[PDB]
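Please read the structure below before turning to the comments.
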Amino acid sequence: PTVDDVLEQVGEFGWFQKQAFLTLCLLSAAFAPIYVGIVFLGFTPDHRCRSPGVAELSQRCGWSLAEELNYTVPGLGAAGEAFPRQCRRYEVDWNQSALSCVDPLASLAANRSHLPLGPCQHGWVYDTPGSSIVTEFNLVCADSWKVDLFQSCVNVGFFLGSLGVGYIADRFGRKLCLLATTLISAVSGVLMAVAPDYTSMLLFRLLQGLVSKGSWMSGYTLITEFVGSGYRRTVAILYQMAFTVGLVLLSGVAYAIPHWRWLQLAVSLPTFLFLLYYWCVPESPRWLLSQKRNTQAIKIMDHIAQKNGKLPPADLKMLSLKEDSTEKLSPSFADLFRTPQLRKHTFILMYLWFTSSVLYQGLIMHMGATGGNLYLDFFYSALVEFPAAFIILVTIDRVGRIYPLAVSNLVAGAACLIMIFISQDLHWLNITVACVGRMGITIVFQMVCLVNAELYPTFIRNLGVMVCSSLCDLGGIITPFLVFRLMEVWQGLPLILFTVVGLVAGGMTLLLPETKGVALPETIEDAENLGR
Ligand SMILES: COc1ccc(CCN(C)CCC[C@@](C#N)(c2ccc(OC)c(OC)c2)C(C)C)cc1OC
Ligand SMILES: *[C@@H]1O[C@H](CO)[C@@H](O[C@@H]2O[C@H](CO)[C@@H](O)[C@H](O)[C@H]2NC(C)=O)[C@H](O)[C@H]1NC(C)=O
């Protein structure tokens, strides 16, 4: 009367599992807006210093947008690539000075650079018709650093949330966390759009970052626990695919409405619908059974059999763990580093997370010049992930879960290496090589997530995956400074480091035990002898 066999009897993947998976995938997309970052709220368009006198002249004679930028604005390329043109204003009186359209300012100085440069007051004039956060608070020239501060604060919030949000989810249940966390995320999201100043917006976004990953991973571990042992692959890969579909829909809607506040409100409000559909999914049977609440576990098992339509087994009355467990099974950070096998697995997984994040950031940084349309580039980037899900879904149960991950990490490393050594000049080959590298990186990410979830015990699974994921955020935060610093030492130093890191990660992946078709553990002592 173990949880595995009885679950198979009612059905590993039945209508109940299908409905629960669909309801959770509805939640998967809601994490795309929070994780994408500030790419759609903080895009910086072209900008010049507003001038009152230009408005009067704009109507007197025929004008064009390109023409106006040319001989009304200070020229670029002097004392910087575009520092003068971006946020410097000559301040020469353009009003009550009828110098003709042909020679508006040429006559006065007979030279452009030598002209007088005044302050860039009167705010700014931006190109895009829509409004972003940069346009809202004029975070353009003097406060340009504030965007980096916002991004870094959001990232450190992510890191803290990874470190801490796991314990509450693990100790107090997975449904309670998925409810409170998503509720806080929703109530902050709609609140950010009504944020008056720069501080409040940043605070609400920091809170949402603290809570979002906790919500997403609670849902992931809930669905993984619900699905049978054989079908973990399908559920996990489809959850990731649902996240990608949410990302694509985000790109589409972001193109639909540019205004950042309306975007945030439209993205946040639908989360209340999912909060309304919390009624469907009950607590994971495994967590309840481990916590010694067998009555509710059997009550739930009766329901799944009912919804499945297959008669429940008569043996449920004696449902329990394989061996008589202790009264208390509380999760704690202390228990995560006691068993040498568990400690080794945790270290390997943390290093794999860090390597994946660093390699991803390096690959995206070393990409080619950005396209004219940001939205199309983002859509293509999201689309490249679907082939990864197609590939991973067909090989996990036929070749295992260790060799694919090792080969994917090594493939991303070799992609970086070929980018470095072989000619990196603009060619059709380079874009395809970058796409292959991106596919390898996303395969690494998804495989690491799945194996890390499947490796830890049921009563500490969420905490372990959280702690191991925190290193991904740490690497994402730290890598830009590392790449900037190393570039000074030598021209191509960063890519050698990327290649060696990838090779070492691929090598270390081999130590991790295989998990092809093995029931996920429920006791730490059981997880210690998993390999044996
Ligand atoms: C610049 O825009 C982008 C921003 C981010 C990305 C992300 C690339 N990958 C989809 C990352 C996969 C990592 C991800 C998975 N799977 C993940 C899973 C578990 C994690 O730990 C619990 C985790 O850590 C943050 C990330 C998702 C949920 C974010 C692509 C982008 O291109 C579309
Ligand atoms: C950019 O602005 C300069 C203004 O100095 C333009 O140079 C003028 O070009 C016209 C012909 O298009 C000549 O008749 C003028 O004599 C030029 N000015 C001077 C001071 O020699 C230049 O053409 C502009 N370029 C664009 C693409 O708008």
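Heads up, chain A uses the PDB entry numbers, so what you see runs 2-533. The figures that follow rest on heavy atoms only: side chains count, while hydrogens, waters and symmetry mates do not. For ligands, and for the atoms within them, numbers begin at 1 and follow the listed sequence.
Present at ligand 1 is the drug verapamil. The macromolecule with the greatest number of heavy-atom pairs within 4.5 Å of verapamil is, in the PDB entry, named OCT1. By the deposit information, the source of chain A is Homo sapiens.
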